[PDB]
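Entry overview - Nicotinamide phosphoribosyltransferase with FK-866 in place.
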Number of protein chains: 2
Amino acid sequence: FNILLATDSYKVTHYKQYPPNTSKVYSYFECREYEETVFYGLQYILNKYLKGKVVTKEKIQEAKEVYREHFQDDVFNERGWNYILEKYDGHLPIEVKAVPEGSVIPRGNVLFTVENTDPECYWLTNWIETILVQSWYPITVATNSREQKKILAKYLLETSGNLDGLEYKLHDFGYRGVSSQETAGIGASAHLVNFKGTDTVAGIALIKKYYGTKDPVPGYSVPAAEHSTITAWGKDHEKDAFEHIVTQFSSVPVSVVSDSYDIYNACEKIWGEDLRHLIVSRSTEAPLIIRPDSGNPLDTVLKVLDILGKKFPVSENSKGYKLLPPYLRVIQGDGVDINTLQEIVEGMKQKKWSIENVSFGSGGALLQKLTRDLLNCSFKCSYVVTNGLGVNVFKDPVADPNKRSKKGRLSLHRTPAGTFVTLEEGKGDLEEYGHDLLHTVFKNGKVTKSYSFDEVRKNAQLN
Amino acid sequence: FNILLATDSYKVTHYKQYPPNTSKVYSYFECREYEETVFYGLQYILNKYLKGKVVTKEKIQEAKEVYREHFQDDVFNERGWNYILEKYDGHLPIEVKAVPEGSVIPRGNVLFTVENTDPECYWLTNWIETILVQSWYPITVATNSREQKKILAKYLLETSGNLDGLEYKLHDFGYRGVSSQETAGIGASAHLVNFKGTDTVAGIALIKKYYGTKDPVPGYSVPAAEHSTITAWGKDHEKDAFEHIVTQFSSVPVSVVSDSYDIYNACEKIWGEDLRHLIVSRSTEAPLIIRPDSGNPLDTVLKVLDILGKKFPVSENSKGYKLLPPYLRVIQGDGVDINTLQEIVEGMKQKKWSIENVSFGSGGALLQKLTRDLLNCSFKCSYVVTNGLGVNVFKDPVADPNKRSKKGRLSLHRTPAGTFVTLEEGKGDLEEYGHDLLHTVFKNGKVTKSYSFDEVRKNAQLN
Ligand SMILES: O=C(/C=C/c1cccnc1)NCCCCC1CCN(C(=O)c2ccccc2)CC1
Ligand SMILES: O=C(/C=C/c1cccnc1)NCCCCC1CCN(C(=O)c2ccccc2)CC1
């Protein structure tokens, strides 16, 4: 992996564009105003791509050779890169401060800043805006995931009386759904920050590898059928497969796609009559989690429950919402995203069903269908030293005041009302709102401070 | 990278959910019924994740351990995995036939298929469903980008008269916006199949590494300004900044953002007056490319052009559309996706403007913002051999008969009307619509057939 060619091409040409006599280029990152975001993931990109010796004779030469063909000219700054190579044995001469991983900071706040520690590397700061900006992703997943949690929390509480198994309500299916493998990892981790139910094994490694979990492994998973494992017995032997999968895994909790063919038959005939004996005989610690993924998450859950409440002994819980016997539960495989999640869950409430009966699972929406647009994650330059004297820089397009960028040296502070506040123009040095909450996490190619995935949990915690 | 950990979790439990005595699991990939897709991406996946020795006692042991704690039990099949390590020196006993990379195959056709070559590894086929399925991305990005190419070609022709510069009308600005690093590589590579303008350096490397290019410039890019390189000069020195960039790159086409502060000032005054002499004196082979980046993408382009035509000598090309002097062009790099693209270009026409004047730029929408959902990319099983008996498998969910699944062995064919037709139930053997268009591309861990990015290009070509 070469960092020399891991940025947006035109930046390779920025070094010549900054005012002459520029010693410092201070840049920050924020989710311009989902009122609060989970800041998570920077630590990953810092260890995997930024720390250590990132420059090498071979990497400086590879760059030139490419940018030579790419730009049909030698625009590439081999001069400046080669400088970093010798002067600091390839380590990047930049400082990066940030809010502790997992922090839930409201929109408009400085989550992390990047600046060059060596005056000649005034071009490095923004060079890495790209590589570093891709954190918008894990942050977004992390945020959106955590928002879907509150929705399940709000409704589980005002329906069951508590939050048992909350952390296992949104299961990550999106492994096949993501754009790449690496993404599968990163995204899976921005979920395990809010729930422990994940099928995208990848996100786990990353965690143990870049964040470390003292707990017994990050997320988990129960065995489950897929369309191939049931359609393979032939449409006529669907029963044979259902009964083979609940028996093979009579052991632990098993999930079984019941919509291969008429989801409402499988529920009313196969599970509620033929294999009635393999359900009721089950353990509460290992129920048969019926799983449809046919059409319209709301109407199906309701009808599924309706059918099941009818072939099985339903009970009314402390709050009045109907509840299936401990050996029968349901998971919403398809159509679930932060928006529909809200529909289904409230749709159940109106229908008196308890959010207990059902646990959900989102694929693409959960790990894809996310953009740097959603939370307005942006990396803009606010401070710069031109000729020994700094100047507060920022952009303010006319056709868009929403795109005004902060100006000057920034600092994150807790306000007397408990919330946060991002101070600009260096005013954070007036000793006003306590200490800056951002922490130097990166300086001269060496991770100066990291958090464990267990810490990220505690930070991103709800309520 | 351990292939034994690149699959949905439940699939780890799958091996024991198939009917007893199943020697063959054969599945297919299709873009369930964007009327035609570009099949691109399989070749990379095969090469980077499935080729060669993908199994090692170390990777089996790792999985074992991880999986054991994941499912809090050992449902992990090391016996069958261990089998492959021995029998075929860690090489996957599976065969994958597919359509030539770049193939613009309509919708509802079998693009690629998979099946285990060893009756012992019947379970293996689906295992890698996840791995393979992630191709929806490269397919989708190569497909969506191509569609946008059409909208561009369509109006460029009906406005300039030809298709010159077409392959540079959509510059990839999404490196900043993709979910991860590995994504930008894949994404950008799918874009480059349809255009040659990309700032996502990453993609090029992947091409030369997994597809190879004999061509000179597999991906081109000119120097450009970014907000930091301008705003750093201070609001009151935007002119100083503009005049500095045009000078540094007076010889080559240089793009320069102008919405730092008032896009309509930098155009009517900064470039139209204070620095006119620096634009009009430029080579056509190195124009100044004015680039707005905020405001209504259409309203802005028109006013931008309206200002420029009012400050520079505009001509009227044959077709009757207005055209700016050869040294002055516009690059619309914000808010451009297939929809808006189609609105702008269309809006430029009603307003008598040649698509020659503008060149677009998309990022988030181009590479990110696409889902396995869009083209209905799906991988399902359609044929299996149980007790030496082949059965045509399929799912036909009610409440969404649109998720139906083809049945039996498939083959791609070209119908006498020139288009394509996917044959099911093994009816392809009746040898009627010529030979199967699918070529075996992967046998027992060996790429038996790949295509140069030059061929893919020729396949994905338009008209
Ligand atoms: O194996 C699959 C993966 C399916 C899939 C499908 C498609 C793509 N990719 C993966 N299982 C689905 C997650 C099961 C995890 C837990 C088990 C324990 N559990 C309950 O006991 C329960 C209690 C109350 C309410 C609901 C459930 C909550 C849910
Ligand atoms: O390099 C950037 C990068 C912007 C950016 C933004 C955000 C993030 N990352 C990067 N933007 C401008 C580069 C486009 C270069 C090509 C040169 C050849 N060309 C024309 O000569 C022309 C002919 C006719 C009409 C229009 C143009 C078409 C445009």
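Residue numbers start from 1 in every chain, and the chains themselves are labelled A, B, ... in the order their sequence lines are given, proteins ahead of strands. When the header is checked for method, it gives X-ray crystallography, 2.9 Å. We count ligands from 1, going down the list as the structure has it; atoms in each ligand are counted the same way.
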- Message: Could you check which other chains have heavy atoms less than 4.0 Å from FK-866 (ligand 2)?
- Response: A, B
- Query: At what residue and atom is a covalent bond to FK-866 (ligand 2) recorded in the entry?
  - Reply: none
- Message: Could you check which UniProt-annotated beta-nicotinamide D-ribonucleotide binders in chain B have any non-hydrogen atom under 4.0 Å from FK-866 (ligand 2)?
- Response: B:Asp199, B:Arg291
- Taking a heavy-atom cut-off of 4.0 Å, which of the residues UniProt lists as diphosphate-binding in chain B lie that close to FK-866 (ligand 2)? B:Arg176, B:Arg291
- Task: Report the organism recorded for chain B in the deposit.
- Result: Rattus norvegicus
- Message: So, at a heavy-atom cut-off of 4.0 Å, what does the binding site of FK-866 (ligand 2) look like in terms of residues?
- Response: A:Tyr10, B:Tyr168, B:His171, B:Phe173, B:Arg176, B:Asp199, B:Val222, B:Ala224, B:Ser255, B:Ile289, B:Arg291, B:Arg329, B:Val330, B:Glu356, B:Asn357, B:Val358, B:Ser359
